[PDB]
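Scroll down for the structure; my scribbles are underneath it.
To find a chain's letter, count down the sequence lines: the first is A, the second B. Going by the PDB entry, the residues shown for chain A are 1-378, listed in order. The numbers used for chain B are those of the PDB entry, and the residues that appear cover 1-7, in sequence. Numbering of chain C is taken from the PDB entry, so the residues present carry the numbers 1-7, in order. Modified residues are listed as parent or X, with no contacts credited to their extra atoms.
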Amino acid sequence: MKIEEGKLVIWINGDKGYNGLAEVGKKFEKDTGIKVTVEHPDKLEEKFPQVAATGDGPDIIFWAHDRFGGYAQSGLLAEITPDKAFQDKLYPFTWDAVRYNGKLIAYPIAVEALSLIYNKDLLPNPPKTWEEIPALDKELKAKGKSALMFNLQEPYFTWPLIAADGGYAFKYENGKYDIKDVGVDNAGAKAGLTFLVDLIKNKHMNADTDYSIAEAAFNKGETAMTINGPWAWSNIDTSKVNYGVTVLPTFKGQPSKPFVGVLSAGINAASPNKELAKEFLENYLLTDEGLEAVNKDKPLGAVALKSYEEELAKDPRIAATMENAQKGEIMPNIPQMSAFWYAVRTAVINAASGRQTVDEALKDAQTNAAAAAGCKXX
Amino acid sequence: XXXXXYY
Amino acid sequence: XXXXXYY
Ligand SMILES: *[C@@H]1O[C@H](CO[C@@H]2O[C@@H](C)[C@H](O)[C@@H](O)[C@H]2O)[C@@H](O)[C@H](O)[C@H]1O[C@H]1O[C@H](CO)[C@@H](O)[C@H](O)[C@@H]1O[C@H]1O[C@H](CO)[C@@H](O)[C@@H]1O
Ligand SMILES: *[C@@H]1O[C@H](CO[C@@H]2O[C@@H](C)[C@H](O)[C@@H](O)[C@H]2O)[C@@H](O)[C@H](O)[C@H]1O[C@H]1O[C@H](CO)[C@@H](O)[C@H](O)[C@@H]1O[C@H]1O[C@H](CO)[C@@H](O)[C@@H]1O
Ligand SMILES: OC[C@H]1O[C@H](O[C@H]2[C@H](O)[C@@H](O)[C@@H](O)O[C@@H]2CO)[C@H](O)[C@@H](O)[C@@H]1O
Ligand SMILES: *[C@H]1O[C@H](CO)[C@@H](O)[C@H](O)[C@@H]1O
Ligand SMILES: *[C@H]1O[C@H](CO)[C@@H](O)[C@H](O)[C@@H]1O
Ligand SMILES: *[C@H]1C[C@@H](N)[C@@H](O)[C@H](C)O1
Ligand SMILES: *[C@H]1C[C@@H](N)[C@@H](O)[C@H](C)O1
């Protein structure tokens, strides 16, 4: 158990720029004598709640904002209090992503949106529609390739297709999310999941495909397309594949509607280094220099810090990131998000494996997502 | 729901 | 002990 007075332990996902973050932490230590240790545990977002209070948790946790409302409901995150002048440094909607029950509960870092990534050599003109993917596969198969591979095991990657024709998580009503009104079993959701299952049934994709499989396949030039976020561009760069980043395909004429994450830094409410954490995040990390260090390790996306984002906006890959983000939605941060993701994960796996029909799978998801639950689990 | 806890 | 589950 590693938290100590006068030091900082930080958790961040292993696909993100943790080496670049450690370098900002090295500068923080030179200036203040406060040692910064960056770790990237597996499933850090699941690990956090049970080890935050007394266990081997971090002083700071980096994850997409959707998990944070749940943490805050259990009293696990320190309220943050940036002054108006600091808040004016970041885009206003990023602060909203980390506001829960009237309070700011994390520092926004970057907007992460999924994009269509394609191999320009295999596919100089990527498809505008999901509907044309089966034919494109048949063509590419004839040449020993495949059209599209992406991570099917995480609902984050499949949601954009499910949402395209009308699927939604929770209904927004009377200025709040109605946790009893779940939209994963409506006509549009069924159409989206049906198209996905069919891709698998007709052998255009493999139901067991996961993150590492899709990444290697794309970076080794075996598949023409993948779906992934900005963090993934660094490894493609190393692979020397000639790639483009572009708008996701439409479904039934409607844009894919990814749920968009705001990478955020939360401060452990039981940390004895909360003031230290605030200083690191405000004065070191959220600066042109700090973000550049993390970004050059693994790209962050459209950063929350205006001054730096204005420099990044020149990048066509960022422009594509922003375009997909605008066609999707910043995730709700309500505690019920984890139940929602769990319901969709289960439905997608069950439908893709043939263990349930789409209709059966989604009906169950709607029921489960809506089940009442208190702040400690369920 | 359907999972456990406690957080 | 003292934790939960279910795995
Ligand atoms: C599961 O735990 C909850 C308690 O959860 C806590 O309090 C609720 C009010 C709050 O919403 C939540 O966030 C937490 O703070 C109990 O209320 C449930 O009854 C309990 O359900 C399981 O155990 C009961 C019996 O005690 C069973 O009747 C249920 O069907 C659940 O069964 C689970 O354990 C069984 C193993 O024997 C499995 O069938 C199942 O995994
Ligand atoms: C599991 O715990 C829940 C919730 O417990 C209550 O609410 C939580 C928040 C609080 O921390 C706790 O002290 C309680 O106030 C209970 O409602 C479930 O009944 C309980 O299930 C276990 O125990 C019942 C019998 O009472 C069994 O039928 C279940 O199968 C569970 O038993 C297993 O789970 C435990 C942990 O692994 C083991 O003791 C046992 O193997
Ligand atoms: O798949 C469900 C999962 O999606 C999101 O997690 C993303 C995360 O936002 C990204 O930063 C990156 O790490 O990929 C993850 C999915 O593999 C939600 O943030 C998360 O809570 C949810 O479980
Ligand atoms: C409660 O919230 C935690 C953190 O998001 C989840 O990991 C857990 O499964 C449950 O949904
Ligand atoms: C049971 O095993 C799982 C997987 O290692 C843990 O995450 C859990 O905390 C418990 O030790
Ligand atoms: C369930 C038992 C143990 N995990 C506790 O820490 C939580 C609060 O309730
Ligand atoms: C507890 C409920 C859910 N987590 C199940 O997957 C396990 C086996 O039991």
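The PDB lists the drug found at chain B under the name ristocetin. The macromolecule with the greatest number of heavy-atom pairs within 4.5 Å of ristocetin (chain B) is, in the PDB entry, named Maltose-binding periplasmic protein. Under a 4.5 Å heavy-atom cut-off, the other chains found next to ristocetin (chain B) are A, C.
The PDB record for this entry identifies chain C as Ristocetin. Source organism of chain A in the entry: Escherichia coli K-12.
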